[PDB]
Asks: 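In this model we see nelfinavir bound to aspartylprotease.
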2 protein chains.
Amino acid sequence: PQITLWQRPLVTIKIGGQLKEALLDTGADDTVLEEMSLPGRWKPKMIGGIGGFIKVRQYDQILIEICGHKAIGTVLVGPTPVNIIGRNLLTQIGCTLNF
Amino acid sequence: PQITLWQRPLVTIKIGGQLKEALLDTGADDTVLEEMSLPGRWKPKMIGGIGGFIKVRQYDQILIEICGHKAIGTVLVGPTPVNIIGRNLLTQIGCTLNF
Ligand SMILES: Cc1c(O)cccc1C(=O)N[C@@H](CSc1ccccc1)[C@H](O)CN1C[C@H]2CCCC[C@H]2C[C@H]1C(=O)NC(C)(C)C
């Protein structure tokens, strides 16, 4: 798809069998989702953005579908205001910025 | 142009005759630039990112040129680590996310 930006670029993703809405974010290096239980062992991690750092659980090799495209990568779970799909998964689905 | 996301999408912008590097961010609703003295009055404002809120100065009707493309809109100036070009300006240059 070609997504314009007059509105936030939110899309439906499927992860752990659940549908969730998430923001395509070229400014985020990582993918950070709201608190949820995923299978797998996880590692504590710290990530920062404007405002500061937050503690997150790092899950590796998680399967996630973004608008039907499959991606398998690291997903951070923690107290984010909104679900964010960062560059580690946007590259996997072949997403580019264009003008 | 088409910018891939292997690396952070940093591009050259020009504002008030000064060239600067800035991040194209579909996740940012606003444009936030590193501290700088712009003429004009401004309004105080608080914006939140991942770890919390920061105080910024809002300036209106600022002209920025992004890869030869002019945009004019509100810019927030505050102690950010990187200049962020948000959606309010990205839409003006016809920037789309494509996959
Ligand atoms: C989540 C994340 C990472 O995993 C790794 C690197 C950066 C980020 C990150 O938070 N990036 C942000 C840019 S701010 C930024 C700060 C430093 C470096 C690069 C970008 C997001 O792209 C945009 N970010 C998306 C999202 C983050 C959760 C809170 C709600 C928005 C807030 C918005 C944001 O911060 N907006 C401002 C107007 C304050 C700029």
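Chains are lettered A, B, ... in the order of the sequence lines. By the PDB entry numbering, chain A shows 1-99, in order. Chain B residue numbers are taken from the PDB entry; in order, the displayed residues are 1-99. These numbers come from the heavy atoms of this one structure, side chains and all, not from hydrogens, waters or symmetry mates. Every number for a ligand or one of its atoms is a count from 1 in the order of the listing.
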Asks: Which other chains have a heavy atom under 4.0 Å from nelfinavir (ligand 1)?
Replies: A, B
Asks: Can A:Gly51 be said to touch nelfinavir (ligand 1), with heavy atoms closer than 4.0 Å?
Replies: no
Asks: Where is the nearest protein heavy atom to atom 38 (C) of nelfinavir (ligand 1): which residue, which atom, and how far?
Replies: B:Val32 CG2, 3.9 Å
Asks: With only distance considered, is B:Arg8 within less than 3.5 Å of nelfinavir (ligand 1) through an N or O on each side?
Replies: no
Asks: Short list, please: which atoms of nelfinavir (ligand 1) are under 4.0 Å from a heavy atom of A:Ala28?
Replies: 1 (C), 2 (C), 8 (C), 22 (O)
Asks: Which protein heavy atom lies closest to atom 33 (C) of nelfinavir (ligand 1), and at what distance to 0.1 Å?
Replies: B:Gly27 O, 3.6 Å
Asks: With heavy atoms only and a cut-off of under 4.0 Å, state how B:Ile47 meets nelfinavir (ligand 1): side chain, backbone, both or neither.
Replies: side chain
Asks: For atom 4 (O) of nelfinavir (ligand 1), what is the closest protein heavy atom, and at what distance to 0.1 Å?
Replies: A:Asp30 OD2, 2.9 Å
Asks: Write out the residue and atom name of the closest protein heavy atom to atom 21 (C) of nelfinavir (ligand 1), then the distance separating them to 0.1 Å.
Replies: A:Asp25 OD2, 3.3 Å
Asks: Is there a nitrogen or oxygen of A:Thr80 sitting under 3.5 Å from a nitrogen or oxygen of nelfinavir (ligand 1)?
Replies: no
Asks: Considering non-hydrogen atoms of the protein only, which is the closest contact for atom 30 (C) of nelfinavir (ligand 1), and what is the distance?
Replies: A:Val82 CG1, 3.9 Å
Asks: Give me the residue, atom name and distance of the protein heavy atom closest to atom 35 (O) of nelfinavir (ligand 1).
Replies: B:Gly49 CA, 3.8 Å
Asks: Considering non-hydrogen atoms of the protein only, which is the closest contact for atom 15 (C) of nelfinavir (ligand 1), and what is the distance?
Replies: B:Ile84 CD1, 3.9 Å
Asks: Tell me: protein heavy atom nearest atom 17 (C) of nelfinavir (ligand 1), and distance?
Replies: B:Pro81 CG, 3.9 Å
Asks: Could you go through nelfinavir (ligand 1) and list every pair where one of its N or O atoms sits under 3.5 Å from a protein N or O, giving the atom names and the distance to one decimal?
Replies:
from                  : atom 1 : to      : atom 2 : distance (Å)
nelfinavir (ligand 1) : 4 (O)  : A:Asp30 : N      : 3.4
nelfinavir (ligand 1) : 4 (O)  : A:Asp30 : OD2    : 2.9
nelfinavir (ligand 1) : 11 (N) : A:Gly27 : O      : 3.3
nelfinavir (ligand 1) : 22 (O) : A:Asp25 : OD1    : 2.6
nelfinavir (ligand 1) : 22 (O) : A:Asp25 : OD2    : 3.1
nelfinavir (ligand 1) : 22 (O) : B:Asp25 : OD1    : 2.9
nelfinavir (ligand 1) : 22 (O) : B:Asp25 : OD2    : 2.8

